[PDB]
Amino acid sequence: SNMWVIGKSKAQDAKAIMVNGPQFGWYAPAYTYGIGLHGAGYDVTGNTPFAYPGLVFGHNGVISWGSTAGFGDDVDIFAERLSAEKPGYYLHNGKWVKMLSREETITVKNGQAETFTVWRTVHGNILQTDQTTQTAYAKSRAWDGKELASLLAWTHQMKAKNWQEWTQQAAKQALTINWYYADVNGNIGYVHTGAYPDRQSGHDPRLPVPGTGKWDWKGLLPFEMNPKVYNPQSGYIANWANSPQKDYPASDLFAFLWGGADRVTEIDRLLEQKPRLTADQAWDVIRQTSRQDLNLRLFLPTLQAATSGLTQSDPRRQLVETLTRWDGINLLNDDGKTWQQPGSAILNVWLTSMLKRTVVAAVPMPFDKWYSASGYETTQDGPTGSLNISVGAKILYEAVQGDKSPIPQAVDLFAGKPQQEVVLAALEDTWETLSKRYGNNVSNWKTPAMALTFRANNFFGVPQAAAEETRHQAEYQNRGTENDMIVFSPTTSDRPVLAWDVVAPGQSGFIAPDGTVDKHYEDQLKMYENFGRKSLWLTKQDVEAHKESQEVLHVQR
Amino acid sequence: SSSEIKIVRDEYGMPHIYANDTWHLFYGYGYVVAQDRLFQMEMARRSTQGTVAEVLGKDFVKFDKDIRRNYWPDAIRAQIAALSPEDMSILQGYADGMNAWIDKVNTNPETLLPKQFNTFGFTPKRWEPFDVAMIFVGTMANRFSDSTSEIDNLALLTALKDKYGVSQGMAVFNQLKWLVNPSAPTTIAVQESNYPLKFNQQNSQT
Ligand SMILES: CC1(C)S[C@@H]2[C@H](NC(=O)Cc3ccccc3)C(=O)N2[C@H]1C(=O)O
Ligand SMILES: [Ca+2]
């Protein structure tokens, strides 16, 4: 997920601009739900995942809001001590405490029902067991017991009319989520919301801790600690799953890092490229980032250094020069299948080879596999989610940064070998691999583009539509599942706010019994593809003037 | 009228709900949701509660088991029971709204039942506040804020210590899975502020 909020100091023809691109994957029917609420203290418009009571993406005509995953470390694993005698118990604070447990029966269509038991300790639900050393692992979430408060905070925040009222609700949202704020007066803000544990001194949040009691969390950190900013000197707020703040620690997932190499820099340079941006230009950042190869900028300098001293006719030097002319922005050929430039395929093959030679070589199996992905891997259906710099690539980047990297290279990923030599050998692999497949005339290489698929199974992998309802989009776009933009105090409009979003395939997933698809079943699918957008209405006047249908219910509770 | 709920859809079918009190407002929300996305929401309900095998069969048993092992329903119901009347009205109204349409669907299925229900061989049932809450809980909390690989992490560190020895192995773990990297691009510039907490990165809990 990405988001950029443009404040008064950088907005052109407006006071504030908010462009949100939450990335959940692509699905049919649409992942989010368009909805306007007017009454009971609410006056909002926008769209939201699975139609939660609270709109994750929308505005109330005075403030607008958005989110991206926080990726803070709000989950720790406790190692519970078990005993062969007294099964179902675990040692905690000197006493054998009884675990919580419940019976569950999985009913099965055309199959046998299965009943099993789920176990829980004071630390969380039990994962796996291990009656050798008699240990079971309990997963401890800092947001435990705050699920519903987070749901209500996401709802109530919609009623806020300024920074203070909004942060009041942000303080109650316990999941690890980045919240973003903008308002009609041009103010903008960001909060890394979430409940975070106050860990014992010496507790490494990356590794398990004993559950015998001495390592129990002291409690939860106060809202004061949550990274937050209001009207930043920079005049903008940009995030693409990157770090909230200097020295803020990331999720403990081995596959996830915040380091020198971060895709968010792609957004930064575009917002900093111009002193001010208009609504259309801020929106255009979607298209640009959608098509931006994320590895070119990171490794091109290393590629250039290594090949600067090679002669004209060296093939490897030819591949780097190819990359040097390229702006990294992928576009489709008229065939709607291949990319006009072979840049990503070159980077993909090269990077894959580097990782194999460096990070993967230094890591004991089978853990080595964790760092072998180049980040381009996909299926014929295309990425299931966003494209990112791979964890192995981020580690490699620190290594080619040399001393300019703040990360001590305890071991040399290049095994004493000249960094140039390894980079060159990987370029040698790349040329051999690619030339053998496409020929030796690079200028006519038509490498396959990634496609995009709105899937009929939801992110769980469970059908939410029939298989034929799956939709295809030729051009993969590294963009939000939906995109919405709120523009406050637009100078060319009669209204103090304008907003747009795109909810593809369409607002409706309904198909009548006779197979007749709803009029709004797919009327946003082409719009999504073309980077188009449709207006979100808020006022009674705009809603009325744009009504297609109406209905009035009379009900008492 | 206190009992009146107005529903106005724009030319993209997007519903706007007009109502006086909370229960009515979210009743209208759930109503239009049940109209637009009934099958999707039914399958999301089953996904977040681990009842998919009930209608899709054996291949989803592992899935169902995993969902239920990942949360504690009684704890969720307890939080719902603690909600103020006002907050409860949100979930109850939302749930009642869906039911109002689901009842109409099951009364005239030959015209109103989403095709998918016929195709997958079952019909929709009524929702309660719990179901609405679990949509959020199962798709945002238990899946989007529930990440950890500590057990693997310890396995990697252990393998690194065996390979490079104790000190060097610890240092390489700090090279592949650092706690912080000061060169990390941040959403908040350093001039604004920095994070005050520093955690231990030597695994002293052992
Ligand atoms: C655990 C995650 C759900 S977090 C990450 C990413 N999610 C986002 O980029 C944004 C987002 C998530 C939840 C709610 C709002 C926004 C996404 O997708 N990722 C998932 C993963 O790592 O498998
Ligand atoms: Ca942790």
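Lettering of chains follows the sequences in order, A, B, ..., and the numbering in each one begins at 1. These values consider heavy atoms only, across backbone and side chains, with no hydrogens, waters or symmetry-generated copies. Header lists the method as X-ray crystallography, 2.2 Å. For ligands, and for the atoms within them, numbers begin at 1 and follow the listed sequence.
Among the options fluconazole, benzylpenicillin, cilastatin, the match for ligand 1 is benzylpenicillin.
For benzylpenicillin, the chief contact partner in this model is given in the PDB entry as penicillin acylase. Other chains within a heavy-atom distance below 4.0 Å of benzylpenicillin are, by letter, A, B. Residues of other chains with a heavy atom under 4.0 Å from benzylpenicillin: A:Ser1, A:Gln23, A:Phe24, A:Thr68, A:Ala69, A:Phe71, B:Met140, B:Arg143, B:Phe144, B:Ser147. Closest to atom 13 (C) of benzylpenicillin among all protein heavy atoms lies B:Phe144 CD1, 3.4 Å.
PDB entry name of chain B: penicillin acylase. Other ligands and ions closer than 4.0 Å to benzylpenicillin, by number and name, are absent.
If you number the atoms of benzylpenicillin from 1 as listed, the ones under 4.0 Å from a heavy atom of B:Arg143 come out as 1 (C), 3 (C).
For benzylpenicillin, the atoms lying closer than 4.0 Å to a non-hydrogen atom of A:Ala69 are 4 (S), 7 (N), 8 (C), 10 (C), 11 (C), 12 (C), 16 (C). Closest to atom 14 (C) of benzylpenicillin, if we only count protein heavy atoms, is B:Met140 SD, 3.2 Å.
From the protein, the heavy atom lying nearest to atom 18 (O) of benzylpenicillin is A:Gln23 O, 3.4 Å. Protein heavy atoms come within 4.0 Å of atom 4 (S) of benzylpenicillin. Protein non-hydrogen atoms do not reach within 4.0 Å of atom 20 (C) of benzylpenicillin.
Atoms of benzylpenicillin found under 4.0 Å from any heavy atom of B:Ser147, numbered from 1 in the order shown, are 1 (C).
Near A:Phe71, meaning under 4.0 Å from any of its heavy atoms, are these atoms of benzylpenicillin: 4 (S), 5 (C), 22 (O).
Looking only at heavy atoms of the protein, atom 10 (C) of benzylpenicillin is closest to A:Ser1 OG, 2.7 Å. Among the Ca(2+)-binding residues UniProt records for chain A, the set within 4.0 Å of benzylpenicillin by heavy-atom distance is empty.
Lab note: nearest UniProt active-site residue of chain A to benzylpenicillin, heavy atoms, 1 Å precision, A:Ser1, 3 Å.
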Distance dump, benzylpenicillin polar atoms to protein, N/O, under 3.5 Å:
unit_1: benzylpenicillin; atom_1: 9 (O); unit_2: A:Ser1; atom_2: N; d: 2.8
unit_1: benzylpenicillin; atom_1: 9 (O); unit_2: A:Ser1; atom_2: OG; d: 3.1
unit_1: benzylpenicillin; atom_1: 18 (O); unit_2: A:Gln23; atom_2: O; d: 3.4

